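Note that the numbering runs from 1 along the sequence shown for the chain. Note that ligands are numbered from 1 as they come in the structure, with each ligand's atoms numbered from 1 the same way. In what follows, every heavy atom counts, from backbone to side chain, and hydrogens, waters and symmetry copies are set aside.
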Amino acid sequence: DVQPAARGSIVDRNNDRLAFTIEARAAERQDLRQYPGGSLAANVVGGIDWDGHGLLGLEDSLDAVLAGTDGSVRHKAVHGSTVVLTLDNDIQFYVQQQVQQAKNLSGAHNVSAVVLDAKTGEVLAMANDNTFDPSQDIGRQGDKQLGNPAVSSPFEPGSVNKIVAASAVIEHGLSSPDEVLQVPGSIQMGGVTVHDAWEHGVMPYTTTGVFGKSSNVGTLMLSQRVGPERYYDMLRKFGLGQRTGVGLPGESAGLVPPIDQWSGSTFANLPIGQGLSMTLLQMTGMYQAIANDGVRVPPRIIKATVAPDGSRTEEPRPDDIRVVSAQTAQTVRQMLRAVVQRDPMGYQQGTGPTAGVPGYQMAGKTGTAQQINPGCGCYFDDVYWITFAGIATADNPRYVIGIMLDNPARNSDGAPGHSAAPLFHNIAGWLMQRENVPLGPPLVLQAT
Ligand SMILES: *C(=O)[C@@H]([C@@H]1NC(C(=O)O)=C(S[C@@H]2CN[C@H](C(=O)N(C)C)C2)[C@@H]1C)[C@@H](C)O
Ligand SMILES: [Co+2]
Ligand SMILES: [Co+2]
């Protein structure tokens, strides 16, 4: 009497299959969910329950689309639609493997990475270490990552947030890349004292150098020119504190204190990336706005759905959001090249030279942010999120990469330190090579 719907499949942007169903026998007939990639993108895809309905991930959140509706006799069975993701399995597989061995090498508790298409904001890879395998029983995998931290688990971004300040001073005409500043080693601001990560007297950093060397004092001086209201406004335009709408269950909104509630010291913290939280996707989404000539396209991971007859409906495109002008966005991309610039004499070296890839105009930003000690309700001294976000490339934006490491003891490649810059190098360089992308004067970070 019952006519069963056949579960639809989940495929990547090139119709490469991630999840699909085969017919078997046991209550006699029995559908078997196949995951040919094992753990590949399982943070996104999810897994099935014993009854063949989704248990978690997109298998669950899109279950209605994928399961269809059983028929009877007459009511015709509505077979499940196939879901096409924006993911590129080749990119996802490379990125997911690099994330796992950045975790092993660095000693971090967890690692995640997001790659967005620069122009559309489509999610090309989203990965975390320790990803579970939905072809095996989930009750055997308590030691595994079953979820999707890149959207669910916010963190404080540290100096990667300084893209907001850079964008605001350039957009409002308050400074220019070549302005020579005078940056003391510390200032008193809103009742507190902010210090640069290195002791120094007054340095003649250019505005480019303030972000290239990640000077907190320089960042806050420039942020004083912007003001709290224009700064908070730019935070919101970059999409912070708000869900992206990417189409994945468990998305966190992060946390941005609304301006009417700031304490006297909020403005001394937010511009350098403390006192607010965001997900890795929001973080990467900020750099996508600058990559896309100032126009933020909220990221999306559903590309389309295919009906059982074979007809294809594209997912509707989210509306653009103008954050800064194209001229401003191009200026910020060029400035962020200083972060990855090498200088043997040290003077004109950024904080992330290992993130540079010779022959390409890589641009990016390093971050280190203290975490909150759960017992004192205060910051740890020596527990950090490490972050990096960057654009490949400044002159031709194609890819946007965001990375977070939860408290590594070493670099992402295993050398002493605690930088994610080498992970960006690996991924960004590989994206250029695999597409045979073809290959000016040094930037001035520090004047005389
Ligand atoms: C931003 O994350 C903080 C400052 N900017 C940077 C930076 O982007 O590199 C740092 S961390 C810098 C690099 N590694 C040095 C170090 O002493 N360690 C190995 C821990 C210092 C600044 C702290 C901003 C939030 O203060
Ligand atoms: Co009827
Ligand atoms: Co290399």
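- The compound at ligand 1, a drug or drug candidate, is named meropenem (bound form).
- In this complex, the main macromolecule engaging meropenem (bound form), as named in UniProt, is Penicillin-binding protein PbpB.
- Counting heavy atoms within 4.0 Å, the binding site of meropenem (bound form) comprises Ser159, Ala197, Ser214, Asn216, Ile272, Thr351, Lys365, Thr366, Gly367, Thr368, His418.
- Less than 4.0 angstrom separates atom 24 (C) of meropenem (bound form) from at least one non-hydrogen atom of the protein.
- The deposited model shows a covalent link between meropenem (bound form) and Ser159 OG.
- Protein heavy atoms all stay at least 4.0 Å away from atom 17 (O) of meropenem (bound form).
- Near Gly367, with a cut-off below 4.0 Å to any heavy atom, the atoms of meropenem (bound form) are 2 (O).
- At a 3.5 angstrom cut-off on N or O pairs, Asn216 counts as close to meropenem (bound form).
- The contact set between meropenem (bound form) and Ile272, taken as ligand atoms under 4.0 Å from a residue heavy atom, comprises 25 (C).
- The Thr366 neighbourhood of meropenem (bound form) comprises atoms 7 (C), 8 (O), 9 (O), with distances under 4.0 Å to a heavy atom of that residue.
- Atoms of meropenem (bound form) lying under 4.0 Å from at least one heavy atom of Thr351, given by number and element, are 9 (O).
- The ligand atoms of meropenem (bound form) that sit less than 4.0 angstrom from a heavy atom of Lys365 are 8 (O).
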Just the distances, no angles: every meropenem (bound form) N or O to protein N or O pair closer than 3.5 Å, one line each.
| from | atom 1 | to | atom 2 | distance (Å) |
| --- | --- | --- | --- | --- |
| meropenem (bound form) | 2 (O) | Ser159 | N | 2.9 |
| meropenem (bound form) | 2 (O) | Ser159 | OG | 2.3 |
| meropenem (bound form) | 2 (O) | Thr368 | N | 2.8 |
| meropenem (bound form) | 2 (O) | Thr368 | O | 3.1 |
| meropenem (bound form) | 5 (N) | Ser159 | OG | 2.9 |
| meropenem (bound form) | 5 (N) | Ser214 | OG | 2.7 |
| meropenem (bound form) | 8 (O) | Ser214 | OG | 3.2 |
| meropenem (bound form) | 8 (O) | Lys365 | NZ | 3.4 |
| meropenem (bound form) | 8 (O) | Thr366 | O | 3.4 |
| meropenem (bound form) | 8 (O) | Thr366 | OG1 | 2.7 |
| meropenem (bound form) | 26 (O) | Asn216 | OD1 | 3.2 |
| meropenem (bound form) | 26 (O) | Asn216 | ND2 | 2.6 |

